[PDB]
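L-captopril complexed to Metallo-beta-lactamase VIM-20, as determined in this entry.
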Amino acid sequence: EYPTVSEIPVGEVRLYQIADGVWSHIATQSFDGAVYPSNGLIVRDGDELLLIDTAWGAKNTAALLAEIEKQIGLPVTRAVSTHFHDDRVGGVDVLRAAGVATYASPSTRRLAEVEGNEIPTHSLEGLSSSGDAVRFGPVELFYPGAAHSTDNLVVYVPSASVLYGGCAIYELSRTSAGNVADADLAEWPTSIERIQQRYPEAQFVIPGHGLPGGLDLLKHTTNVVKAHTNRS
Ligand SMILES: C[C@H](CS)C(=O)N1CCC[C@H]1C(=O)O
Ligand SMILES: [Zn+2]
Ligand SMILES: [Zn+2]
Ligand SMILES: [Zn+2]
């Protein structure tokens, strides 16, 4: 029942209810002639909504806000970008123009600026050291260490036992490494083990791209990362 590319036209976003007060958003974009899905998260925060990640670009993110407005009808007051890439901060200007307070760690804000990407306005302190966690309303933000990127954060919704791994966690169907240009291949397995150690009770695990699963997605990603590391 989870939305895949065939169900999402160009420029549109679908929402998927994972648990009470927790949804994923799914959008698509083309890269080198192939179509990729991308996931973000929506977490109910009292009578407001916390958004995790843009929908990968200004068009998709405008569609994201319209679909949230249409389907949930609660204001998106804060957004957190979980790393500096365009599927996470692309669309931050649309969020900002719509009154959403956009947040990212200083590490992500720094890397986004270097890359010429959009820059969330607010800074999330307390996340610069591997193993650091901070509460952000209905979620915990966790910096597990460098993996897919040096700044990647994961998000845990304790009320629903939902772990959102972002692009540091691969879906099961991905059996070879994706974009590792900004990755720390040497530290990625150790970072995944920090996630496993902190959230062993997680019931739902959302990769940045593709189908949700359980905690097996962590070991899966480690397997794929180690196989890529040993490419000969
Ligand atoms: C925009 C995302 C950020 S994790 C990305 O790097 N992608 C998504 C498509 C494949 C790969 C690439 O561009 O190389
Ligand atoms: Zn990325
Ligand atoms: Zn990604
Ligand atoms: Zn696997």
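Residues: numbered from 1 along the sequence shown. In each ligand, atom 1 is the first atom listed, and ligand 1 is the first ligand listed.
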Which ligand or chain identifiers match L-captopril, all copies included? ligand 1
Could you check the entry and tell me where chain A comes from? Enterobacter cloacae
What protein heavy atom sits nearest atom 12 (C) of L-captopril, and how far off is it? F31 CE2, 3.7 Å
Students should be able to answer this: which protein heavy-atom is nearest to atom 1 (C) of L-captopril, and at what distance? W56 CZ2, 3.7 Å
Test item: protein heavy atom less than 4.0 Å from atom 7 (N) of L-captopril: no
Looking only at protein heavy atoms, which one is nearest to atom 3 (C) of L-captopril, and what is the separation? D87 OD1, 3.2 Å
Provide, to 0.1 Å, the distance between atom 11 (C) of L-captopril and the closest protein heavy atom, together with that atom's residue and name. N179 CB, 4.0 Å
Please list other ligands or ions under 4.0 Å from L-captopril. ligand 2 (zinc ion), ligand 3 (zinc ion)
Please list, in number order, the atoms of L-captopril under 4.0 Å from a heavy atom of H148. 4 (S)
At under 4.0 Å between heavy atoms, which part of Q29 makes contact with L-captopril: side chain, backbone, both or neither? neither
Could you pull out the residues near L-captopril at 4.0 Å? Heavy atoms only, by chain and number. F31, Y36, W56, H85, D87, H148, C167, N179, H209
